[PDB]
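Data first, discussion second: the structure below is written as structure tokens.
Sequence positions for chain A are given in the PDB entry numbering; the residues included correspond to 37-330, in order. Values below: every heavy atom of this structure, side chains too, minus hydrogens, waters and symmetry copies. Ligands are counted one by one from 1 in listed order, and the atoms in each one are counted from 1 as well.
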Amino acid sequence: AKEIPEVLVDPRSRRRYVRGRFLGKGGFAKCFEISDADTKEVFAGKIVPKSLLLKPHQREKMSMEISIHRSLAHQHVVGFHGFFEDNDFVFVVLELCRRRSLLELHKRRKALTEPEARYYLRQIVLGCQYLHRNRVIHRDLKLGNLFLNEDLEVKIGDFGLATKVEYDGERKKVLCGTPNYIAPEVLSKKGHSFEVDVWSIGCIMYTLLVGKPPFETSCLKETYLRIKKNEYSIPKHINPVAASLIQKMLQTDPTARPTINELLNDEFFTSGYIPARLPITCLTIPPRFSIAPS
Ligand SMILES: C=CCn1c(=O)c2cnc(Nc3ccc(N4CCN(C)CC4)cc3)nc2n1-c1cccc(C(C)(C)O)n1
Ligand SMILES: [Zn+2]
């Protein structure tokens, strides 16, 4: 195939980026740490080859991604720093969040402490409040696209199943792609709007507090059959205030779920300790939020 260049030049802004460390795959894309050859500032670079964009519909999805993502500015959204092309590749330059994602945390720590879940879910909801205010649905919020910066703030990225909503009342009849925490109105093909991201946040909330995802089996279609039936069980050691918020979010009817603006007014947040920050040791060891050291 075409090999990816070591220095990526944009002719319009006049920048050269050094391509550095590889970070992972995602579909047609490969992701690298990339850095400006003059100013040394480091970015995440999404690189898609044009060999995988030979059909117009795949180009249109790449255009829609860039269109959505470049219109976003928020503390809890991965910041878009530009896009460029060559004859073989599409390049997008994004905020590099150095502490990976909530998925890498989840694999190390399993279930988190309630204050940590409450911390991360607040910032997830704050970033999703930005999106829904701007009429963007994300549609694929998962642990592996909620990226953690060096301070341990959540950054929503990966706008590649995202969509704008163009008129009030609009149900999208189609979702091209397979989101991880797929909502029941998507699975049945009934039609969907903003509620799909609240569903996702409920599955994230379940996963962070329980340590395993809510519907999972060995078969993805039996998992979809469970989502269709609402076949899940919150274990009895989960606090009822948190289990109540999970149950509100993971309802099979979209219109019964809370809207994103309501979430932070829930009793789960408003009667719990929400840390102002978490230290780097929370990636490794469960915090024991002590009132004095020793
Ligand atoms: C640029 C493309 C999209 N995306 C982002 O917006 C983004 C932002 N920050 C990051 N940070 C990041 C930092 C380090 C690492 N790695 C460090 C070394 N680990 C062993 C493996 C993972 C990993 C990430 N990484 C980011 N991206 C990213 C990077 C790898 C994989 C994926 C998806 C979700 C598409 O699979 N997305
Ligand atoms: Zn399609």
I can't remember which of GS-9876, SAR125844, AZD3759, MK-1775 is at ligand 1. Can you help?
MK-1775
List the macromolecule sharing the largest contact count with MK-1775, named according to UniProt.
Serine/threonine-protein kinase PLK1
Provide the UniProt domain of chain A home to most residues in contact with MK-1775.
Protein kinase
Which UniProt-listed ATP-binding residues of chain A does MK-1775 come within less than 4.0 Å of, going by heavy atoms?
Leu59, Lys61, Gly62, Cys67, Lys82, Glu131, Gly180
Using UniProt's active-site annotation for chain A, which residue is nearest to MK-1775 and at what heavy-atom distance (1 Å precision)?
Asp176, 8 Å
Report all residues and nucleotides of other chains within 4.0 Å of MK-1775 (non-hydrogen atoms).
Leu59, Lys61, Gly62, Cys67, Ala80, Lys82, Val114, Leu130, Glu131, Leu132, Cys133, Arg136, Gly180, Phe183
